[PDB]
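Entry with methotrexate: notes follow.
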There are 2 protein chains.
Amino acid sequence: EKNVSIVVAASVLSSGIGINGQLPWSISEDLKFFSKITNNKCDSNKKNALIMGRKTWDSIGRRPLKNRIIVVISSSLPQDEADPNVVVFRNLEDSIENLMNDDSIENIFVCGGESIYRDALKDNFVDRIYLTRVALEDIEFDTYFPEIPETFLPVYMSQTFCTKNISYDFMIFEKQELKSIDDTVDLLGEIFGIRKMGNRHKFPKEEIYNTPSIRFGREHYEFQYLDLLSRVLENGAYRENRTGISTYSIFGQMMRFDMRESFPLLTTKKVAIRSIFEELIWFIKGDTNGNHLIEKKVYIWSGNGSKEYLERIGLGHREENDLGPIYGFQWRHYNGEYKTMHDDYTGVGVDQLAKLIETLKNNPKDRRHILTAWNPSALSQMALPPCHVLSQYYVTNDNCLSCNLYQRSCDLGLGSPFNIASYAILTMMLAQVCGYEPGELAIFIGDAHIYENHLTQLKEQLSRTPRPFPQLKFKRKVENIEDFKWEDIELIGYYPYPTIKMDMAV
Amino acid sequence: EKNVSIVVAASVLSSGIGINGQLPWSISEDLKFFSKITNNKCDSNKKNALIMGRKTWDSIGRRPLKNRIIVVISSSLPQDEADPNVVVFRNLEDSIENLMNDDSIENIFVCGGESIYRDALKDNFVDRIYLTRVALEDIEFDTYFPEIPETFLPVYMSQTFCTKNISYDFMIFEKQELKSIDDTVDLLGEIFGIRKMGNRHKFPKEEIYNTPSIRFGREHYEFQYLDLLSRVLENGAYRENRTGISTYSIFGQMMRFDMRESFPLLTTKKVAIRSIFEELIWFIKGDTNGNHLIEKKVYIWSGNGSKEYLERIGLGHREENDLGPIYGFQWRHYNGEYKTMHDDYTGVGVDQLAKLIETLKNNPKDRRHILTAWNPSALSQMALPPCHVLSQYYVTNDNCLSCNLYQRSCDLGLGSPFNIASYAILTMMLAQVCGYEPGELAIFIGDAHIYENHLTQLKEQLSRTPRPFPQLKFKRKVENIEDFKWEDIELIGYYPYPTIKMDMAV
Ligand SMILES: NC(=O)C1=CN([C@@H]2O[C@H](COP(=O)(O)OP(=O)(O)OC[C@H]3O[C@@H](n4cnc5c(N)ncnc54)[C@H](OP(=O)(O)O)[C@@H]3O)[C@@H](O)[C@H]2O)C=CC1
Ligand SMILES: NC(=O)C1=CN([C@@H]2O[C@H](COP(=O)(O)OP(=O)(O)OC[C@H]3O[C@@H](n4cnc5c(N)ncnc54)[C@H](OP(=O)(O)O)[C@@H]3O)[C@@H](O)[C@H]2O)C=CC1
Ligand SMILES: CN(Cc1cnc2nc(N)nc(N)c2n1)c1ccc(C(=O)N[C@@H](CCC(=O)O)C(=O)O)cc1
Ligand SMILES: CN(Cc1cnc2nc(N)nc(N)c2n1)c1ccc(C(=O)N[C@@H](CCC(=O)O)C(=O)O)cc1
Ligand SMILES: N#Cc1ccc(C(=O)O)c(NC(=O)c2ccc(Cc3c[nH]c4nc(N)[nH]c(=O)c34)cc2)c1
Ligand SMILES: N#Cc1ccc(C(=O)O)c(NC(=O)c2ccc(Cc3c[nH]c4nc(N)[nH]c(=O)c34)cc2)c1
Ligand SMILES: O=c1[nH]c(=O)n([C@H]2C[C@H](O)[C@@H](COP(=O)(O)O)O2)cc1F
Ligand SMILES: O=c1[nH]c(=O)n([C@H]2C[C@H](O)[C@@H](COP(=O)(O)O)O2)cc1F
C-alpha cells in the first residue's frame, strides 16, 4: 500500500492534453516539473514507477527515463525482459501489483494518455493529482484529461508562470476520505472581547472563502484580492458614506502581485481592460477633459462628471465633463493654477511624471521615486479627490521595476480590479520607457469597502475558482510614454469567467 | 499517563508571584484565564486536578473550585474524605497517582506556590507552562516563580493586554524531547529561479529569526518589527545610496500594531521616548528650527542640519539648523512660500492638521482624513525629503481612531521604532482632541533597509525575546493639540532591554 499520483498537463478550459500523437505546446519548465516530481523519492535504494499507455510510450521515443521504471500498458507489446527499466502489463489493474509485492517501488505515477487517466480515475486508484493548467484554448485537441471527480479537492495552486508568452499554473488535488495554541487563543478571545485585536481581524468563514479546500497553498496572487473580499465580508463594519449606498468597510489592508511572469488581471470576472488602458493613457497625457473618454466609448467618469453631480457638489460654473485638476493634472502640472479643461498648461506646474522617468533611468537606487496626487490646495476644485493617492517606484538590482501604491479608498467591487490592472500597466510602461523589466506590485489600502448592492455579485465571484493570469505585451517600443496606443497592447491567454454587472455609486 | 501543565502569573523581570500570602496585583482577566484553562477538558465525565500547596490553599479561602478537584500538598492537613472536591497528599510525588490510576482525571494542573513549582520542575513532572507575564517590577515580592529550565521552549506569546494601566502577556512553554505541498513548492523553486516570487520573499533562516521556537504563535505585535528585520536580513539586496553607508534593502512591507490595550514601544531595546515626543510636538507646532530640539537636548536632526551637510546638498545659503519646509511645515502651512525659520507663517499655507481635526470630529465616517508631507514644489528647499510621506485616519463604529502611514524609506535600525512610537502618540493625541479612543496603527513601507553598520547591533536585538508593551497615558485633557508637554505623558510599565547604540548615516 503506497501512494499513487496522476501527473498531467491540460488546457485551462477544455482539459486538452494532446494532438496528433504529441503535445499541443512546448513548455520546458513543465517537463522539468514532471522530471522532478517523478524522481521525488525518500529511499535511495528504491525507484518510482511511471505508468503510461502505449501511444504515450511511443510519444517519448520508446526510450527509458533515467532512475525510474516505466510501466507500459498495452495488449500487443511483447512482454520483454531485456530492458529492466521498462515492463509491460496487459491491463491497468494488473500493473498495480507494485502495491502488493515489489517492495523496491516507492511511489506510483499515472502519467499515460486519456485512456489510462480515465480508468485510473474510474477504478479509484488515484490518491493525488499534479495538474499543470495551460492557458491555450483556441487550438486543436484530440486527447483530453477527464473531468476531475467530486471526490478530489484542490489543496494547492501556484503562481502563474510564463513560457514563450504562454501562461500556466501548478495545482495539487487530493482525494478526500498543536491544538493547545488554538485553544489558548480561543479562550483569550472569549475573555477579551474586541479588546483582542485578533477578534477584529477574524479569519473568514468557509462559506465566504474562495476555494476553501486550498488552505496552505493559496499561492496564486489572485487570492490576494479574493481573500480581501472575504475579509471585508467577515469583519466589515456597516457604515454610511457620501452616497446613498452604504458599505461594509475595514481599514488597513494590502495586496501583492507578481508582474514578472504574469499580468494581474482578475480571471474570476471579465475585466474591461480597454477602458482601464484608456483611462491610464488619459492620465499620462495630462488630460482632465471628461469628454475625451466618452468619445472613446469609456463612460467610467460620466457619473462624477454630470451637470447634476457637479452642481450638487458646488461646481455648477464648471463645464459638463470638466472634472478639474485631478489624476494627470497633478501628475504633469502639480500646483498649477487650474482654469478650464480647454486651456494650455504646457510649462505650468511641476511635471512629476517626467522627473520620475528621468530619476528612474538616471538614479535608480534613489529612494524618492514618488508620484503624488494629493494636493490640499486643489482638493476643492476637484470633481472627486484622488483615491489612488500615492505611488512609489523601486529599481531592483536585476533591473526590474516594482511599484507600491497607497490608496485611501477602495471600492473592491469595481475600483479595485481597475486599480490593479491600471498600475500594472503603468509600471510596465515606465519599465519599457526606462529600460527595465516589470517587477512586483504592492497595493496598500486604507478604507477597503464593499457597497451593499454588490454583495450578491461579489459572493458569486467568490464561487469561481481562479484561472492563471494572462500575459500583457507591448507590440512596439515607444519613444515617449505618451505615445502608447490601445493597438500596441497584446493580451495573451485571458480566459476569464463571465462578466458580473455591478452598478457604481455616484 | 496524561498531561501536566504549570499555570502561573509572574512579573516580567524578577518573576514574583506573591507577597504576604496574596498576589501583588488584581487582574480579573488573569483569573478568568486561569478558570478557562483549568476547566478546559475533552471528556464531560471527567474532572481536572489542580495541585497546590497549603499556603496557596489558604490564599483561596480553603474553598473548592467549581467543576475541578483540588489537590493540596501538605504534611499537616488532615487527609479528609468529607469533601470529594478537595484531597490532601503528603508529598508532590504521591499526588501524581492521577497518572497511574484514577481514570476520571483528564489533565493535571500544577498551580501551587513557589515550593510546588520549584520541585515540580526539579522532579521533571511538568509538560507545559502557561505563563502570564505581568509588567510590575518596582514593588515588593516574597514568593517567586523559578527560572524556566532550558528543556522548555516558548511556542506562543499573545498580544499585550491592559488592566488598570497594567500591561500583561500570555505565553505557552512546551518541553522539548502536508509534506506534498512543501515538496511541490520546493521543486518549483528549484525550477524557476527568482522567477518564482516566493524565492524573492524567502522565509528567514532560524539563525536570524527572533525566538525561533515560537512558530505558530507570533501574536505579540512587536514581532511585526522583528520579523521585518529578519526578512530584510534574509532577502535584502546590497545597495548603495546617497550616503557613504550602503544598505540591505527590500521593497513593499507592512507592520500592524494594536493601540487599544498597549503602546507599541519596542521592548527589545530601550527607545528614547522623550526625543520621539519632542520631535512630534515640534512637528505639530509647525516648527522647522532645528535648534529648538537641540535646546531641549534632542540631537536627532543635527546631522541633516549642519553647515557641512547643508553646503553639500546645496543649501549653503541656509542658516545652521534651518531645515527648511519639512514635517510640520507642510502639516500647518502646505504650499506656503518658505523663507527662513525665523519668519512668521501664521496664516500662510494650508493648515492640514486643523482641517484634519475638524473633519475627524465633524465627519467621522469620511474617507479623506489625510495628512501629507510630499510637496514636489518644496522638495528642493528641504534639508531632507519626507520619509513618513502620507498618513490616513479612520474612525471605527465604536469610536476608535486608527491610523495608516505610508513611509517611502525606512531605516529599520533607527527611524522605524521612532516612527512607530511617534505615529502612535500622534494618533492618541488626535483621539483625545477629537474625543475618541486609540485604535490600530498600520505602517506601509517602500524601501525598508538596514544600514550595514547596524548589523552586529540588530542581530543582537534579535537575540532578545520580547516583553509586553508598556502603557502610555495622558495626565490631563488639553484644549488644543499644540498644548501637549512632556510632563503630561505617563509611561507605565516599560521594562526594556538595554539600549543599543547605532550611528546615523548623514
Ligand atoms: N499533456 C500530458 O500531460 C500528456 C499528454 N499525452 C498525449 O496524449 C496522447 C496520447 O494519449 P492517448 O491517445 O489516450 O493514448 P494512450 O497513451 O492512452 O495509449 C493508449 C494505448 O494504451 C493501451 N491501453 C489503453 N487502455 C488499455 C486497456 N484498458 N487495456 C489494455 N490496453 C490499454 C492500448 O495499447 P495497445 O493498442 O497496444 O493495446 C492503447 O492503444 C499523446 O498525444 C500524448 O502526447 C500523453 C501523456 C501526458
Ligand atoms: N501568581 C501566581 O500564579 C500564584 C501566586 N501564589 C502566591 O504565592 C504565595 C504562596 O506560595 P508559597 O509561599 O510558596 O506557599 P505554597 O503555596 O508553596 O505552600 C507551601 C506549603 O505546601 C506544603 N509543602 C510544600 N512543599 C512540600 C513538600 N515537599 N512536602 C510536603 N509538603 C509540602 C507545606 O505545607 P505544610 O507546612 O502544611 O506541610 C508548605 O508549607 C501566595 O502569596 C500566593 O498568593 C500562589 C499560587 C499562584
Ligand atoms: C509521458 N510524457 C508526456 C507528458 C508531457 N508533459 C507532461 N507534463 C505534465 N505536467 N505531466 C505529464 N504527465 C506530462 N506528460 C512525457 C514524459 C517524460 C518526458 C521527458 O522527456 N522527461 C524528461 C524531461 C527532462 C527535462 O526536460 O528536464 C525527464 O527526465 O523526466 C516527455 C514526455
Ligand atoms: C491559586 N490561586 C492563585 C493564583 C492567582 N492567579 C493565577 N494566575 C495564573 N495565570 N495562574 C495561576 N496558577 C494563578 N494562581 C487562585 C486560583 C483560583 C482563583 C479563583 O478565584 N478562580 C476562579 C475565577 C473566577 C473568575 O474570576 O471568573 C475560577 O473559576 O477558577 C483565585 C486564585
Ligand atoms: N464587474 C465589472 C465591470 C464591468 C465593466 C465596467 C466598465 O465601466 O467597463 C466596470 N467598471 C466601472 O463601472 C468603473 C470602474 C472604475 C471606476 C473609477 C471610479 C471613478 N469614480 C468612482 N467613484 C466610485 N464610487 N467608484 C469607482 O469605482 C470610481 C468607475 C467605474 C466594471
Ligand atoms: N538604538 C537606538 C537609539 C538611541 C538613541 C537615539 C537618540 O537620538 O536619542 C536614537 N535615535 C537616533 O539617532 C535617530 C532617530 C530618528 C531619526 C530621524 C531621522 C532624521 N534624519 C534621518 N536620516 C537618517 N539616515 N536616518 C534617520 O533615522 C533620520 C534620527 C536619529 C536611537
Ligand atoms: O480608483 C478608484 N478606486 C476606487 O475604489 N474608487 C472609489 C472608492 C469609493 O467608493 C469612491 C470614493 O468615495 P470617497 O471620495 O468618499 O472616498 O471611489 C474610486 C477610484 F477613482
Ligand atoms: O522618520 C524617518 N524615518 C526614516 O526611516 N528615516 C531614514 C530613512 C533613510 O535611511 C534616511 C533618508 O532616506 P533617503 O535617503 O531616501 O532621503 O532617513 C528618516 C526619518 F526622518
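In this entry the chain letters A, B, ... are assigned according to the order of the sequence lines. Residue numbering for chain A follows the PDB entry, covering 3-179, 193-521 in order. Chain B is numbered as in the PDB entry, which gives 3-179, 193-521 for the residues shown. Method reported for this entry: X-ray crystallography, 3.0 Å. Counting convention: from 1, in listed order, for ligands and their atoms alike. Heavy atoms only: backbone and side chains are in, while hydrogens, waters and symmetry mates are out.
- Put simply, copies of methotrexate show up as ligands 3 and 4.
- Here the macromolecule bound to methotrexate (ligand 3) with the most contacts is known in the PDB entry as Bifunctional dihydrofolate reductase-thymidylate synthase.
- The letters of other chains with a heavy atom under 4.0 Å from methotrexate (ligand 3) are A.
- The organism that the PDB names for chain A is Cryptosporidium hominis.
- The site surrounding methotrexate (ligand 3), defined by heavy atoms under 4.0 Å, contains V9(A), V10(A), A11(A), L25(A), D32(A), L33(A), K34(A), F36(A), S37(A), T58(A), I62(A), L67(A), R70(A), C113(A), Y119(A), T134(A).
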